[PDB]
Q: 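Working on a deposited model featuring VX-787. Questions ahead.
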Amino acid sequence: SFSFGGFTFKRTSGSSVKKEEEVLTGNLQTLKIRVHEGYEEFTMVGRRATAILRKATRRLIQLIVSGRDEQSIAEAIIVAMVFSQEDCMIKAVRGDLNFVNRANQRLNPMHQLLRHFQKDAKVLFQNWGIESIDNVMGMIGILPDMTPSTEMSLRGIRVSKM
Ligand SMILES: O=C(O)[C@H]1[C@H]2CC[C@H](CC2)[C@@H]1Nc1nc(-c2c[nH]c3ncc(F)cc23)ncc1F
Ligand SMILES: [Br-]
Ligand SMILES: [Br-]
């Protein structure tokens, strides 16, 4: 078990190895991240949302989420998008150079990224991508404005209807 973003993560299948990599954020800062390489599935358990996250190397494959309300679901989706380590999430960082502003505090870069997007996820959601969805009974899309859609969704994301 490990906690991230206030969700308890448990790997339910697969495996990964860690490759240290320097990535360039949207505001041109460098982070040294432990990139997980391989196919994995995780459960995410929160107080107000639960999800199943299937991913590969720097790629969200599927996120199925259920939650108390749109804000709780969005909270789970932000964490999953950061945890994915996707390039479009890295490139969505904007604003003050506040990863650079911290030198000898030697903070965890994945925690820095999540804390950044917890301030304002609009650019993260607008740059993630949307796709057309199959009509799966009990499941619905969620758009970048966090409204439901039966026809389109944020890429790889589906909501299991309360
Ligand atoms: O510093 C780390 O590497 C920590 C922080 C940032 C993400 C996880 C939770 C906090 C990470 N811890 C763990 N990650 C992982 C892990 C497996 N696949 C992953 N893919 C992406 C990722 F991002 C983390 C992981 N497994 C065990 C862990 F214990
Ligand atoms: Br890291
Ligand atoms: Br469209």
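Using the numbering of the PDB entry, the residues shown for chain A are 322-483, in order. For ligands, and for the atoms within them, numbers begin at 1 and follow the listed sequence. The figures that follow rest on heavy atoms only: side chains count, while hydrogens, waters and symmetry mates do not.
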Q: If I want every instance of VX-787, which ligands or chains should I look at?
A: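 It maps to ligand 1.
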Q: Give the name, as used in the PDB entry, of the chain with the most heavy-atom contacts to VX-787 (ligand 1).
A: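 It is bound most extensively to Polymerase basic protein 2.
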Q: Closest by any non-hydrogen atom to atom 19 (C) of VX-787 (ligand 1): pick that one out of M431, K339, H357.
A: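 Going through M431, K339, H357 one by one, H357 has the nearest heavy atom to atom 19 (C) of VX-787 (ligand 1).
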Q: Looking only at distance, does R355 have an N or O less than 3.5 Å from an N or O of VX-787 (ligand 1)?
A: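 Yes, at least one N or O pair falls under 3.5 Å.
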Q: If we only consider heavy atoms of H432, is any one of them less than 4.0 Å away from an atom in VX-787 (ligand 1)?
A: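 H432 counts as a contact of VX-787 (ligand 1) under the 4.0 Å cut-off.
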Q: Where on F323 is there a heavy atom closer than 4.0 Å to VX-787 (ligand 1), on the side chain, on the backbone, on both, or on neither?
A: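 Only the side chain of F323 comes within reach of VX-787 (ligand 1).
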Q: Would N429 count as a polar contact of VX-787 (ligand 1), with the cut-off being nitrogen or oxygen pairs under 3.5 Å?
A: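 Yes, there is a polar N/O contact under 3.5 Å.
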Q: Just distances here: any N/O of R332 and N/O of VX-787 (ligand 1) closer than 3.5 Å?
A: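 No; every N/O pair is 3.5 Å or more apart.
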Q: With atoms numbered from 1 as shown, which atoms in VX-787 (ligand 1) lie under 4.0 angstrom from a non-hydrogen atom of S337?
A: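 Those qualifying, in numeric order: 17 (C), 18 (N).
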Q: So is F330 touching VX-787 (ligand 1) or not, going by heavy atoms under 4.0 Å?
A: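 Distance cut 4.0 Å: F330 fails for VX-787 (ligand 1).
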Q: Which residues, given by chain and number, make up the 4.0 Å heavy-atom shell around VX-787 (ligand 1)?
A: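 Heavy-atom neighbours of VX-787 (ligand 1): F323, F325, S337, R355, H357, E361, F363, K376, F404, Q406, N429, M431, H432.
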